[PDB]
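TAK-659 complexed to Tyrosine-protein kinase SYK, as determined in this entry.
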Amino acid sequence: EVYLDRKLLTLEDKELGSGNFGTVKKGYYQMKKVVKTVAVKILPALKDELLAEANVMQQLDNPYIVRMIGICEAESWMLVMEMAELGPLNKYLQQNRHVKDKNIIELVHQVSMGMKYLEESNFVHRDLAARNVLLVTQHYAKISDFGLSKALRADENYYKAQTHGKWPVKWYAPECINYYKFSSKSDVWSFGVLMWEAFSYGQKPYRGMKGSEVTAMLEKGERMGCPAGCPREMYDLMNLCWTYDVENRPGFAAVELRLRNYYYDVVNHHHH
Ligand SMILES: Cn1cc(-c2nc(N[C@@H]3CCCC[C@@H]3N)c(F)c3c2C(=O)NC3)cn1
């Protein structure tokens, strides 16, 4: 079905990324006729996690989401995906500080379109950060890294985690921390942090702070300040994403429309 032939896969030595799972490496898959450049995640608990990740990716079909090519069991279990040559958004902006506001708005808007689709599909990402937005080009972003993602049950709007795993706490909404509940609204909170990272050219959020100090800050009603040069309209949107009460926080339909309209305003202004 989605099981690839190891003979048709050529892996490169140099690592693109790494973690607890293992590594991400560049490869080439011999297709129908052409050769396709690919990104390959290489590795008991990890196997099931990789299969689950593959199973989520298989179900998604959207221009702003990384597509899975297939899986392969060879020297290790491998998850073969589309290649995004310019790599993680945070690293790209760290290395390309000349990138313009309009360009950043374009890219975060593309993420909002991907997340709108994910929300409509009733999946929660649970790791939406600038490190997991990949650039195909300078004007084309895709959402990646679905290893923590969950398909929501038909009768529930949230996923309830059993235990506090190794979590990216600085991206998580209050209800994730306090109740272990993850919804599309919690992904919206994470998207606010992602926006902050993007306009801060890949700077880490809540710098110098422990997780428990971020909790205290958030409970005082405090939020990260506006990044230098970030348009006021985009900071307003970040703060709306950081609405404490999950019910009053906007969904991605509302977020995507705000971004779309502001982007077209900036596109008009730059013609003027
Ligand atoms: C040029 N380049 C491409 C990637 C890439 N990285 C992925 N995961 C990394 C895990 C470590 C943290 C940074 C990423 N989140 C990933 F899932 C995919 C890629 C890719 O091109 N397609 C899928 C990295 N560099």
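In this chain, numbering begins with 1 at the start of the sequence shown. Counting convention: from 1, in listed order, for ligands and their atoms alike. Structure determined by X-ray crystallography, 1.9 Å.
Looking across the whole structure, one can locate TAK-659 at ligand 1. Looking at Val133, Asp145, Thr37, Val40, it is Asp145 that brings a heavy atom closest to atom 8 (N) of TAK-659 (ligand 1).
In this structure, of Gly19, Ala39, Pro88, the residue bringing a heavy atom nearest to atom 24 (C) of TAK-659 (ligand 1) is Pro88. Numbered from 1 in the order shown, with element, the atoms of TAK-659 (ligand 1) that lie under 4.0 Å from a heavy atom of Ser144 read 16 (C), 17 (F), 18 (C), 23 (C). Of all atoms in TAK-659 (ligand 1), listed by their number and element, those nearer than 4.0 Å to a heavy atom of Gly87 are 1 (C), 2 (N), 25 (N). For atom 22 (N) of TAK-659 (ligand 1), the nearest non-hydrogen atom from the set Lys25, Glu82, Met81 comes from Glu82. Remark: TAK-659 (ligand 1) atoms within the under-4.0 Å shell around heavy atoms of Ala84 are 1 (C), 2 (N), 3 (C), 20 (C), 21 (O). Per UniProt, the domain of chain A home to most contacts with TAK-659 (ligand 1) is Protein kinase.
Across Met68, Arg67, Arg131, heavy-atom proximity to atom 14 (C) of TAK-659 (ligand 1) is greatest for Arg131. Residue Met83 approaches TAK-659 (ligand 1) through these ligand atoms, each under 4.0 Å from one of its heavy atoms: 1 (C), 21 (O).
Every atom of TAK-659 (ligand 1) with a heavy atom of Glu85 under 4.0 Å away is listed here by number and element: 1 (C). The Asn132 neighbourhood of TAK-659 (ligand 1) comprises atoms 15 (N), with distances under 4.0 Å to a heavy atom of that residue. Using a 4.0 Å heavy-atom cut-off, the binding site of TAK-659 (ligand 1) is formed by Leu16, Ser18, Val24, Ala39, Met81, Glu82, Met83, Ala84, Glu85, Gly87, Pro88, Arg131, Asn132, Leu134, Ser144, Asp145.
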